[PDB]
Student: 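Pasting a structure below so you can have a look.
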Amino acid sequence: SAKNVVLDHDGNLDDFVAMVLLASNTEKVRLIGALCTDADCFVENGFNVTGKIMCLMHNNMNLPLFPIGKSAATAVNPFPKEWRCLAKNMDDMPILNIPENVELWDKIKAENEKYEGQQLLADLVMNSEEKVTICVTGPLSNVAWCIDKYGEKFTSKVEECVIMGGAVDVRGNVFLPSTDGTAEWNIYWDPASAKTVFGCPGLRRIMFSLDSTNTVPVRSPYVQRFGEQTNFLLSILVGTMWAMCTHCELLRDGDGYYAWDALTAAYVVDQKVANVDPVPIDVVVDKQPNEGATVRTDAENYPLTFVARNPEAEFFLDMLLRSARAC
Amino acid sequence: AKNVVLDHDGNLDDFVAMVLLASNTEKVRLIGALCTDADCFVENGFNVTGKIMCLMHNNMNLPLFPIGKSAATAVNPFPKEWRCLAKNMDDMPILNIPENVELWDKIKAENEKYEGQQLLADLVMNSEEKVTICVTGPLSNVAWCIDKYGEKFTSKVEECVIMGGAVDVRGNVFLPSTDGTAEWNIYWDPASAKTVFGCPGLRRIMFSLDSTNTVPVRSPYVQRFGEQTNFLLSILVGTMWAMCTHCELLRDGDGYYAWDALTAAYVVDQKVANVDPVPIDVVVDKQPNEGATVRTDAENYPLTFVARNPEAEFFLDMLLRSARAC
Ligand SMILES: O=c1[nH]cnc2c([C@@H]3N[C@H](CO)[C@@H](O)[C@H]3O)c[nH]c12
Ligand SMILES: O=c1[nH]cnc2c([C@@H]3N[C@H](CO)[C@@H](O)[C@H]3O)c[nH]c12
Ligand SMILES: [Ca+2]
Ligand SMILES: [Ca+2]
Ligand code: NI
């Protein structure tokens, strides 16, 4: 029935909406673990939010508990500090601090505390009986670390990697004085690791770059519909996180917030989310204006990556609204 | 219960303040509210005021009341990032339950017709008993009323409980052109502030940063609303505070405080804090200290009762309990 999945995320709002999608769809996904990286959040906050959401869901829908580990990966280029604070706010949301759920997390916290994110990813994959799908909604540093340490012994156990990252035929979202805006943030955080992943042979990769994520901006109308399901803990949770993003486009002309990681996780639940196109992907790692950019390379026999195209937005929007009703 | 009118500018503490005043029907009869385009975008701030009112009306004995948008304009606008918080609340699921949004949609046309400043003037003056004005945004609207009606307006005011200024502590307006002595609410419109604090015949209770600095919004307390998720107001208040606990780390010590909430608590119950009389003047000049509240030696200068040593635990318990109103 369900396939094994590990969520490799960096604790922002869409990372958590992504978590809820994967966790709530028990018929399609068997969530066997998660790791949080100190990228688009402060790892301690992301770690606790991951734990709190898991416990809330364990008590309300019998979701099997799984290991959560903090990655030791460090940044090449850190995310803006303002974005990394979001996990802190979520750690304090009343919906994630219900006594029975917080009590459970407190009971299993010390154990998960002992895990090192990167080694955990490698063990969950390599020790799994069946192959494992890795959903990467943060930087690629952990998959790369596993690839460098274990090579084929690791990749051969990977069903596929579904990745939120990049921008192939559309501009990126990294706008700084020294960049040209063609790079996307997850790749930009650790270019070298991304390149390692995208160049790895014997590894299936599904890539959700901005080309596809640009079709799902977070808008008020849709977000307010979660207000129709306040009887469900996950709807209060998902709607709240989304409600915290509807201002972005207004704050930075058009450079709004999108359901990046959410759309990516949705594909893991049901590939009908989008079709794909094979593309040889390389990553600019030098200190150039487009550092972090994902570009097609025509190097001989370069491994292919399946780039998502023309996502089924309506299907995705209905999936999220109904998944937020699992409990 | 005494008649109260909330004069706010739509930020997170403004809304918690609103909940505090509205939920305590035993001490406060909330007869109206106005929102100013200051620390929010008036449309979002107006709409959230409406959404909160209807949520409460439909779940507890809270009479509906008029809500108006102020025509006041800024001298020095708030930071855009801060003004977006009302847009965020506007889309929160707890404020978008069908039954409450339907009510709001139904009474909206009546309220979106009121002019905030005139509404404040009419509510105060035509009231049978005297009215207490809780000001949690700039002082533009009370000044407008003073300018237009003078004594006819002030004589009907029980007292103005104002969240604003900094007297013996550093302010919180940190900009390239400022020296940090000014507090945001006064800074937004110095001249209106000057008018109110220099008004003879008007009683003023001032909650300056001197007292609000004892109430930073911190994680441990915020998480306690998690023990009350069966009450809509706890989900609402806890969610708003949860969106503030980050400021201290982001702004190196310059965190978020329960500024307007503390001010409002005192209206509910004065045991919240004692007061010291102080001649409060305001700097309106385009200097590095524009918007500063300073003691003046001028003879016959009207006194203002500045809050001192607030009862923190008392205030904190009041909010948690009030948050269980529904
Ligand atoms: O404006 C933003 N706020 C918070 N996170 C992101 C991101 C993060 N990077 C990825 C998309 O660029 C996605 O995983 C998301 O969590 C891009 N822009 C923002
Ligand atoms: O960092 C901030 N974010 C949002 N609002 C405020 C304020 C507003 N100004 C008053 C306190 O200085 C109070 O009414 C509050 O709503 C000061 N600092 C901030
Ligand atoms: Ca992410
Ligand atoms: Ca305010
Ligand atoms: Ni009614």
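Numbers restart at 1 for each chain; the letters A, B, ... are given by sequence-line order, proteins then strands. Read the numbers this way: they start at 1 and go in the same order the structure lists the ligands and their atoms. No hydrogens, no waters, no symmetry mates; every other heavy atom, side chains included, goes into these values.
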Student: Which drug is recorded at ligand 1?
Tutor: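 PDB records name it forodesine.
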Student: So I'm looking at this entry - what's holding onto forodesine (ligand 1) the most? Name it the way it appears in the PDB entry, please.
Tutor: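 The largest contact partner is IAG-nucleoside hydrolase.
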Student: Write down the other chains contacting forodesine (ligand 1), where contact means heavy atoms under 4.0 Å apart.
Tutor: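 By heavy-atom distance, the answer is A.
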Student: Hey, which organism does the entry list as the source of chain A?
Tutor: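 The entry gives Trypanosoma vivax.
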Student: Select the closest option to atom 14 (O) of forodesine (ligand 1) among A:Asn12, A:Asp14, A:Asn173, A:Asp261, judged by heavy-atom distance.
Tutor: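 Nearest option to atom 14 (O) of forodesine (ligand 1), by heavy atoms: A:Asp261.
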Student: Under 4.0 Å from a heavy atom of A:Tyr257: give me the atoms of forodesine (ligand 1) that qualify, with their elements.
Tutor: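 Checking each atom against A:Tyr257, I get 3 (N), 4 (C).
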Student: Is forodesine (ligand 1) under 4.0 Å from a heavy atom in the side chain of A:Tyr258, in the backbone, in both, or in neither?
Tutor: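 Contact part for A:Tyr258 vs forodesine (ligand 1): neither.
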Student: Would you call A:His9 a forodesine (ligand 1) contact, heavy-atom distance under 4.0 Å?
Tutor: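 Flag not set, A:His9 not near forodesine (ligand 1).
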Student: Which atoms of forodesine (ligand 1) are found less than 4.0 Å from any heavy atom of A:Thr137?
Tutor: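 Answer, ordered by atom number: 14 (O).
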Student: If the cut-off is 4.0 Å to any non-hydrogen atom of A:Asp15, which atoms of forodesine (ligand 1) fall inside it?
Tutor: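 With A:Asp15 as reference, the close atoms of forodesine (ligand 1) come out as 16 (O).
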Student: Which of the numbered atoms in forodesine (ligand 1) are under 4.0 angstrom from any heavy atom belonging to A:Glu184?
Tutor: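 Numbered from 1, forodesine (ligand 1) contributes 9 (N), 10 (C), 11 (C), 12 (O).
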Student: Using a 4.0 Å heavy-atom threshold (strictly under), name the region of A:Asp255 that reaches forodesine (ligand 1): side chain, backbone, both or neither.
Tutor: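 Within the 4.0 Å criterion, A:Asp255 makes no contact with forodesine (ligand 1).
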Student: Any idea which part of A:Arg252 is under 4.0 Å from forodesine (ligand 1), heavy-atom wise: side chain, backbone, both or neither?
Tutor: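 For A:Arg252, only side-chain atoms sit under 4.0 Å from forodesine (ligand 1).
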Student: Could you check which of A:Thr264, A:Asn186, A:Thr213 puts a non-hydrogen atom nearest to atom 9 (N) of forodesine (ligand 1)?
Tutor: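 Comparing heavy atoms across A:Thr264, A:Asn186, A:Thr213, the nearest one to atom 9 (N) of forodesine (ligand 1) lies in A:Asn186.
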Student: How many other ligands or ions sit closer than 4.0 Å to forodesine (ligand 1), and what are they?
Tutor: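 Closer than 4.0 Å to forodesine (ligand 1) are ligand 3 (calcium ion).
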Student: What makes up the binding site of forodesine (ligand 1) if contacts are defined by heavy atoms under 4.0 Å?
Tutor: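 Counting heavy atoms, it is made of A:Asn12, A:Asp14, A:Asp15, A:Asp40, A:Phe79, A:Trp83, A:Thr137, A:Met164, A:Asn173, A:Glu184, A:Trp185, A:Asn186, A:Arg252, A:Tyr257, A:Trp260, A:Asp261.
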